[PDB]
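Pictured: Deoxycytidine kinase, co-complexed with cytarabine.
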Protein chains: 2
Amino acid sequence: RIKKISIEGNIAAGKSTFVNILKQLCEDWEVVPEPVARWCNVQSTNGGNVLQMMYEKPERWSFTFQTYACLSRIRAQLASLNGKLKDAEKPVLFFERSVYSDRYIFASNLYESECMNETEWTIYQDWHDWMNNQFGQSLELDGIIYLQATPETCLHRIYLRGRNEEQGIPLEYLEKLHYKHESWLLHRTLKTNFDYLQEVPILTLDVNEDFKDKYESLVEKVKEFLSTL
Amino acid sequence: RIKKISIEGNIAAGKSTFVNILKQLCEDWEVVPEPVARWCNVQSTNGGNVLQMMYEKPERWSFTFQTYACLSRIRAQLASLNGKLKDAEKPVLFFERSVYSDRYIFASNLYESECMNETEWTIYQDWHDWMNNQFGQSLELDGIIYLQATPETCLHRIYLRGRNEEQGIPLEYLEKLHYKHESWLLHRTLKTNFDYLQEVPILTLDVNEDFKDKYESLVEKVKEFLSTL
Ligand SMILES: Nc1ncnc2c1ncn2[C@@H]1O[C@H](COP(=O)(O)OP(=O)(O)O)[C@@H](O)[C@H]1O
Ligand SMILES: Nc1ncnc2c1ncn2[C@@H]1O[C@H](COP(=O)(O)OP(=O)(O)O)[C@@H](O)[C@H]1O
Ligand SMILES: Nc1ccn([C@@H]2O[C@H](CO)[C@@H](O)[C@@H]2O)c(=O)n1
Ligand SMILES: Nc1ccn([C@@H]2O[C@H](CO)[C@@H](O)[C@@H]2O)c(=O)n1
Ligand SMILES: [Mg+2]
Ligand SMILES: [Mg+2]
């Protein structure tokens, strides 16, 4: 009954900014953010900063981070689905990213960059497949909103936000991530193991311009898109 | 309906040897071995040998191994419970170790030995807790059989078996593991997060003598124990 929409975009493209205007548009809309602050202070459900560990030494910490982030996402998304939104009249749940970008964008890029070895990559995919067989059904997407921004725009927006753990990220890394997003969501040439994704509707929104100026037109396009689903 | 018994013991104490005589005693008995050969050639459900990686560089590979081994165990134990044993008249499933020894013996010892750091140890426990909340119920134990052998006997039995990945294991490591088994299963002073375990019945069998000579008396004690459950 709940419609599920993933918001996808590169680092600092503006996913959280876009997420922060959604609830005011309709009482039956809910959001599941990525728990980025929790990845910076690991505590059981003062701790280690696993996001910082990955960026400081990615060949050591990528597998650990990638497994922890994706599990944390699944847990949060399931918590929202099984909560009070279940009761609303026209419920829509918006996710800040998906299990699909965790694997096909982030973890795949780190494997390709030799930050995971063959063993790590095999274990990660085996784990991801199993987690999706146990839960993929309830989290299946009805639509994707792709917030498209240049990697140079994203690099500027990392500076604007000032999240400590991201200040060292080089343009080269954001560029690699950009081309993976374009392959998946614009050209639709990135192959995955989840056949339904090749037909899921995608709304592409260019977010290179200032949000203050673009807001009204973005909202119009979102409401139109959601009326087709 | 299925009774579940964990067989616990140190490395090379003789768990597999004991497991290999059980099915011939009763048609309704089944066993779930640890998939040790699979840990030596990692393949999705020629690959990396994650058991060897842990022993070659435990401060690098302990967390990865410990997470993979425990997931692989849970998957195997669930597969056996949900299979044809479900149909038998007096079904008993024997596990070669449990999720409890994965955490409280093996992973805890590696953390204590500084082979996992605080971040790794927090992530592992958080993961273990979540996996047990999702599955702990169906895998709950009715009894434990503890195959007790000296660490010196175990060191000799590693030599006898000749598993390549274990030939370098020092007596010091087997001794640490021995005292953890004794605390958990003999003195019953090792605290866990699973309250029912402090009352689960335990049969302790001394297996320092040759199996050929001890077999008949061991079988008698097992049949007696199982009749009390
Ligand atoms: N379209 C936009 N115009 C101007 N600033 C933006 C825009 N989108 C995001 N920002 C700013 O860029 C930074 C990153 O935005 P954020 O929403 O945290 O990105 P993400 O959630 O995608 O990582 C913030 O400082 C935010 O104010
Ligand atoms: N009680 C016993 N007497 C003589 N040999 C034993 C005995 N128990 C085990 N062995 C031998 O010790 C080695 C390890 O046994 P195994 O069953 O593989 O241990 P585990 O499964 O506990 O790692 C094998 O070579 C096996 O034949
Ligand atoms: N699977 C994932 C998901 C997210 N991340 C990273 O988390 C931070 C916040 O989005 C960003 O720095 C970056 O996207 C990641 O590395 N891998
Ligand atoms: N949680 C676990 C379980 C098992 N092991 C190791 O696997 C091998 C076969 O029992 C043995 O070398 C050793 O017991 C481990 O290190 N950690
Ligand atoms: Mg965000
Ligand atoms: Mg064995």
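In this entry the chain letters A, B, ... are assigned according to the order of the sequence lines. Shown for chain A, in order and in the PDB entry numbering: 20-64, 77-260. Following the PDB entry, chain B shows residues 20-64, 77-260, kept in their order. The basis for the numbers below is simple: all heavy atoms, side chains too, and nothing from hydrogens, waters or symmetry mates. Indexing begins at 1, ligand by ligand and atom by atom, following the structure's order.
- Taking every copy into account, the model assigns cytarabine to ligands 3 and 4.
- Other chains reaching under 4.0 Å from cytarabine (ligand 4) with at least one heavy atom: B.
- UniProt's substrate-binding annotation for chain B and the heavy-atom shell under 4.0 Å around cytarabine (ligand 4) share B/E53, B/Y86, B/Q97, B/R128, B/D133, B/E197.
- Cytarabine (ligand 4) has an N or O atom lying under 3.5 Å from an N or O atom of B/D133, backbone or side chain.
- When chain B is restricted to the residues UniProt lists for ATP binding, the ones with a heavy atom within 4.0 Å of cytarabine (ligand 4) turn out to be B/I30.
- With respect to atom 11 (C) of cytarabine (ligand 4), the closest heavy atom belonging to the protein is B/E197 OE2, 3.1 Å.
- The PDB records the source of chain B as Homo sapiens.
- Close approach of cytarabine (ligand 4) to B/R128 (heavy-atom distance below 4.0 Å) involves ligand atoms 4 (C), 10 (O), 14 (O).
- Of all the heavy atoms of B/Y99, none lies under 4.0 Å from any atom of cytarabine (ligand 4), so neither backbone nor side chain is involved.
- UniProt active site of chain B, nearest residue to cytarabine (ligand 4) and heavy-atom distance to 1 Å: B/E127, 6 Å.
- Heavy atoms of B/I30 found under 4.0 angstrom from cytarabine (ligand 4) belong exclusively to the side chain.
- Residue contact check for cytarabine (ligand 4): B/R134 places no non-hydrogen atom closer than 4.0 Å to it.
- Looking at cytarabine (ligand 4), you won't find any N or O of B/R104 less than 3.5 Å from one of its N or O atoms.
- With a non-hydrogen cut-off of 4.0 Å, the residues around cytarabine (ligand 4) amount to B/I30, B/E53, B/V55, B/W58, B/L82, B/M85, B/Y86, B/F96, B/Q97, B/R128, B/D133, B/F137, B/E197.
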